[PDB]
Every structure is written in C-alpha cells, then in structure tokens.
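Residues 547-694, 753-931, in that order, are what chain A shows, numbered as in the PDB entry. All heavy atoms count here, side chains included; hydrogens, waters and symmetry mates do not. First listed ligand is number 1; within each ligand, the first listed atom is number 1. Method on record in the header is X-ray crystallography, 2.2 Å.
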Amino acid sequence: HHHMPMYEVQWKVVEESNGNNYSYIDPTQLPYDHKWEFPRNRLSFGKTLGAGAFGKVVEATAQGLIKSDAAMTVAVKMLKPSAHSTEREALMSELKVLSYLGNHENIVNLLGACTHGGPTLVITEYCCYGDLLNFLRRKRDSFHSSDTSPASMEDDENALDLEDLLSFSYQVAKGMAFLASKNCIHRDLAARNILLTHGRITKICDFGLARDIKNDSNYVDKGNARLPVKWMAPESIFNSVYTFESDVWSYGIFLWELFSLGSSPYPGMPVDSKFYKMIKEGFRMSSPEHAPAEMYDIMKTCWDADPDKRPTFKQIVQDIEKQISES
Ligand SMILES: FC(F)(F)c1ccc(CNc2ccc(Cc3c[nH]c4ncc(Cl)cc34)cn2)cn1
C-alpha cells in the first residue's frame, strides 16, 4: 500500500471552511463531465515523454479531436499495469480537477479522456519544446545580451534573451493567477513543471506519477513524503500549511531558476538541519545574474516569511505587465 506523497505532490482545490479558514476538497468528490469522453480507438501512440514507477506520459495522434476530419498531436497520461488502485484513483482525481478548472492559455489543458474499458487515459495539449528547465539549460550558452551583434551567435534567431525571460515570467504568473481564482493550489510549481510550446507559450503542468521522483534529487525524503523542499515556503515545510501564498513563494523560486537559466536553487546548501535553520533565520538567495532589479524585487517579496506580505499572483501579473510595457 503506497503513501501517495512518496510518489507525487498532488495539487489541491480548497473551499471555505469555518471562519476565515479553507479546507481541502476531496477530489474524488468532484464530478467528471462526460462531455470530455473520447473514443480510445481514435488514439495512436508514439514516443514516451516521461515515466515514473507507475505512470507515464506518451505522445499520441488523436483522430478528429478538435476538427471533424483532422488529426492532432496530443500527450496522454496513463498508468502502468503494475500501478495500484491508489494510483488509479489519483489519476481519475486529476481528471476531475482538470474538468473542474476549465481552460487557460498558460496551463496544460484537458482535451479529452478515455474512462471506460481499460486504463484511464488523460488527453492533454502537447508542448513541443518540453519542460522549461531542460530548455533553459540547453539554451544557456546561447543567451544573448541586449546590444550585441546577432553575428556572435550561430542560431541567434533561436537564442534566448531577456525579453523571453520576462515573457515566461509573465505567462506563468498569469497561469498561477488563473489557478488561484479557481481556489486551486499547485504545490509543486517549478521550471521542471512548466512546458514550452510553439510560439514560446509556457504552460504549467505536473508530470506527477510520470516523473521518476525517487531519482530526482530536487525531491527530498522528509517525513514519509518526497518533497521539493528548496521550492517550498517555510510554513509548508514546518507546519504542512499550503495556501495561495505558499504557491507565491514557489513562484519566487521559479523566477530565480528562470533568470539563472536553469541553475539549481540554494547552491552549496544541501537540504539538512542546517538548511532549515538558515531559511528560518532569513537567508534568501541573491539576485540571479540576468534578473533585472525589479524582477529580483518581486522575488524578495515572494520570499517574505510573513505570508500576508507576499504579493498575490494578480498583483504580480500587474507588476510584470508594466515592466514589459516600459521596455
Ligand atoms: F493547470 C495546472 F495546474 F497547471 C496543471 C495541469 C495539468 C496537470 C497534470 N497533467 C499533466 C499531464 C501531462 C503532463 C506532461 C505533458 C503534457 N504535455 C506535454 N507535452 C510535452 C511533454 Cl515533453 C510533456 C507533456 C503534465 N501534466 C497539473 N497541473
């Protein structure tokens, strides 16, 4: 019998509880709208896009999904036959939360599902550049400064510049604002959980069971879970408190990764009792090299120990939209 926090960090929808508190919704209670049902036969599977112990995501072709006589590339999340009922429930619950959330430009969107007969298939948008973290890392050496000739890079047209990084930061804040408006808390926001598509649109996601979490050292064995500690707010680490404001903390850590072009957070600071002490005492990362001062300012406010002093995603969107206008 699996403890699911060992295998993924589940997003949560919250509902108003007593007084000013929120409580988690049990996602198995959410409805699955059968308008999403899509014939299993009209799918043709290609390469695997990610896999963990019990789940995988694989690229596929779907016949007639969006237009009656047209095919389109999609990504399909599904479980391996060795999965347990606890994973099969988690995947249906993920489908129910997707059916509840609706559609947004900056999330990986639900396109359809196969829920009768064999395994649950969750059909979502395919993003051809893959995860943003790997993209930033392979694009790292070709990042180009403002007033520099295009002739110095080979693929200057495919290179990375500050305009891209500000754009990615803006689109992720917009996706997170959407999530928060549906009372959704992601709980595992990070560049590894953001995809990049045609036109360089970023889409938030979570590989979840399709990630080999035991071999991703960004997840630390803490209690009986595997937790992305370096991305988490202190209240989540120490009191297991997850709110819209803890997502903002993670967004600040994402910004640091983004403007460091995929560097790993808190270098020279392995997760141990020393790490936890320094975070409590107010240690915070310095500005990434390519981060403009105003983006580093957002980062610092994202990391306020007092959750009420952190920006909301709605405010962050306003801030970054203005920074983009002014340049
Ligand atoms: F809305 C959000 F909160 F952002 C959200 C959306 C979806 C999910 C979980 N659903 C999924 C499903 C598949 C994937 C992986 C994936 C897809 N399209 C892709 N295109 C390319 C590649 Cl290489 C990987 C993928 C990630 N998350 C979690 N959170």
Under what name is the drug at ligand 1 recorded?
-> PLX3397
Tell me which chain touches PLX3397 most, using the name in the PDB entry.
-> Mast/stem cell growth factor receptor Kit
Closest protein heavy atom to atom 9 (C) of PLX3397, given as residue, atom name and distance to 0.1 Å | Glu640 OE2, 3.1 Å
Covalent tether of PLX3397, if any | none
Nearest protein heavy-atom contact for atom 22 (C) of PLX3397: which residue, which atom, what distance?
-> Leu595 CD1, 3.8 Å
Any idea which of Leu647, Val620, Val654 brings a heavy atom closest to atom 6 (C) of PLX3397?
-> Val654
Pick, from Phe782, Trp557, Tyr672, the option with the minimum heavy-atom distance to atom 29 (N) of PLX3397.
-> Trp557
Given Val776, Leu799, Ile669, which one has a non-hydrogen atom that is nearest to atom 16 (C) of PLX3397?
-> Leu799
Output yes when the distance from some N or O of PLX3397 to some N or O of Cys673 is under 3.5 Å, and no in every other case.
-> yes
Binding site of PLX3397, heavy atoms under 4.0 Å | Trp557, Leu595, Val603, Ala621, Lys623, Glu640, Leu644, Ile653, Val654, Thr670, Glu671, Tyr672, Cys673, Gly676, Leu783, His790, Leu799, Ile808, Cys809, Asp810, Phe811
Between PLX3397 and the protein, give all atom pairs where both partners are nitrogen or oxygen and the distance is under 3.5 Å, as lines of names plus distance to 0.1 Å.
from    : atom 1 : to     : atom 2 : distance (Å)
PLX3397 : 10 (N) : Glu640 : OE2    : 3.0
PLX3397 : 18 (N) : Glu671 : O      : 2.9
PLX3397 : 20 (N) : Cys673 : N      : 3.0
PLX3397 : 27 (N) : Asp810 : N      : 3.2
PLX3397 : 27 (N) : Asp810 : O      : 3.1

